[PDB]
J.: 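The structure follows.
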Amino acid sequence: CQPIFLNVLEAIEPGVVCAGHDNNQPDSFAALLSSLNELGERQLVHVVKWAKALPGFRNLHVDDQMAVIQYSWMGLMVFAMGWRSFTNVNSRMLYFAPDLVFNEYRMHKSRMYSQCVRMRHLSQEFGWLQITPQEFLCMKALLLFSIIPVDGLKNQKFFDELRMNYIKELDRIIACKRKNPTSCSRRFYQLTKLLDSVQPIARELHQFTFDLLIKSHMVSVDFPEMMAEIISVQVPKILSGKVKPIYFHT
Ligand SMILES: C[C@]12CCC(=O)C[C@@H]1CC[C@@H]1[C@@H]2CC[C@]2(C)[C@@H](O)CC[C@@H]12
Ligand SMILES: O=C(O)Cc1cc(I)c(Oc2ccc(O)c(I)c2)c(I)c1
């Protein structure tokens, strides 16, 4: 147990990132979403640094590195948020950032109440399944390799191999506490189901942010440079079916 791999994941895990939201001003759709967008931009910088530090990531073609990050950031961020919410507030609220916590009122004011419900549900799963910090860490890494173009990447072979190895690492983590061969199988099943559950949530958020970007000027919501570029160039590839999540289960 505690292989080199685990040492690495625990070492590169991003720290706390604030949204920069003004909690003194009364909530408003525009302010809440603009802050969420700014948070996304800030978190993206951390996700990029984190990914480049992942074992074997830099071996992928440079265009594939940027591509997987551009396609998987939503799922990665939502999954990490679900974890923060569970550990910080026991899933009572969505802990996007220390300065941007959503209670039911904000979930409503944000105009994405249903999406927040699914996200809070995901947060609860971390408790219902008793997910460990190590399991969380390995699952999150695997999420970076869980969405690619239907026609493949520049060098699919390398990606396929890397993804396989990350799956193997999850196996090791699972086997490192399951004496009985029955609980080990069940666990992998459970975690892959949890991992898959992230995709539909990310898709709904992709749909929502895309629409928001389109009418951003009319509702006065600001989108930082990178966010606007990725949501108008990469996200549509996902929504149009050119890029799809890799599901474990059908
Ligand atoms: C990824 C972020 C920001 C980082 C995080 O903690 C999860 C959260 C999930 C909702 C996203 C938000 C970024 C900005 C988005 C994409 C808004 O435009 C609509 C949905 C928001
Ligand atoms: O032994 C461990 O746990 C550490 C470990 C983790 C991983 I992910 C891994 O997979 C690859 C695959 C291709 C490649 O170029 C690189 I760099 C790493 C290997 I090999 C070893």
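One is the number of the first residue; the rest follow in order along the sequence. All ligand and atom numbering here is 1-based and tracks the order in the structure. Going by what the header records, the deposited coordinates were determined by X-ray crystallography, 1.8 Å.
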J.: Which pharmaceutical agent is found at ligand 1, per the PDB annotation?
T.: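 That's dihydrotestosterone.
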J.: Mind checking which of niflumic acid, tiratricol, hydroxyflutamide, famotidine ended up at ligand 2?
T.: tiratricol
J.: From the contacts in this model, which chain binds dihydrotestosterone (ligand 1) most extensively, according to UniProt?
T.: Androgen receptor
J.: Give me the residue, atom name and distance of the protein heavy atom closest to atom 12 (C) of dihydrotestosterone (ligand 1).
T.: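 The answer is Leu36 O, 4.0 Å.
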J.: Which residue holds the protein heavy atom closest to atom 16 (C) of dihydrotestosterone (ligand 1), what is that atom called, and what is the gap in Å?
T.: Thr209 OG1, 3.3 Å
J.: Just jot down the dihydrotestosterone (ligand 1) atoms closer than 4.0 angstrom to any heavy atom of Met74, in number order.
T.: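 What qualifies from dihydrotestosterone (ligand 1) is 16 (C).
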J.: Does dihydrotestosterone (ligand 1) have any atom sitting under 4.0 Å from a heavy atom of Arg84?
T.: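 The answer is yes, since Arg84 has a heavy atom less than 4.0 Å from dihydrotestosterone (ligand 1).
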J.: Counting non-hydrogen protein atoms only, what is the nearest one to atom 10 (C) of dihydrotestosterone (ligand 1)? Give residue, atom name and distance.
T.: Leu205 CD1, 4.0 Å
J.: Yes or no, since that's all I need: does a protein heavy atom fall within a distance strictly under 4.0 Å of atom 2 (C) of dihydrotestosterone (ligand 1)?
T.: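 False for atom 2 (C) of dihydrotestosterone (ligand 1).
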J.: Name the option, out of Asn37, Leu212, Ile201, that contains the heavy atom nearest to atom 17 (C) of dihydrotestosterone (ligand 1).
T.: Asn37
J.: Hey, which atoms in dihydrotestosterone (ligand 1) end up nearer than 4.0 Å to a heavy atom of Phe208?
T.: 19 (C)
J.: Please check if a non-hydrogen protein atom sits closer than 4.0 Å to atom 21 (C) of dihydrotestosterone (ligand 1).
T.: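 Given the 4.0 Å limit, the answer for atom 21 (C) of dihydrotestosterone (ligand 1) is no, no protein heavy atom qualifies.
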J.: Residue-wise, which UniProt domain of chain A is most involved in contacts with dihydrotestosterone (ligand 1)?
T.: NR LBD
J.: Taking only heavy atoms of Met81, which atoms of dihydrotestosterone (ligand 1) are found under 4.0 Å from at least one of them?
T.: 6 (O)
J.: Side chain or backbone, does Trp73 bring an N or O within less than 3.5 Å of an N or O on dihydrotestosterone (ligand 1)?
T.: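 Among all N and O atoms of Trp73, none is under 3.5 Å from an N or O of dihydrotestosterone (ligand 1).
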J.: At less than 3.5 Å, what protein N or O atoms come close to the N or O atoms of dihydrotestosterone (ligand 1)? Include the distances to 0.1 Å.
T.:
residue                        : atom   : partner : partner atom : Å
dihydrotestosterone (ligand 1) : 6 (O)  : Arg84   : NH2          : 2.9
dihydrotestosterone (ligand 1) : 18 (O) : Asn37   : OD1          : 2.7
dihydrotestosterone (ligand 1) : 18 (O) : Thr209  : OG1          : 2.8

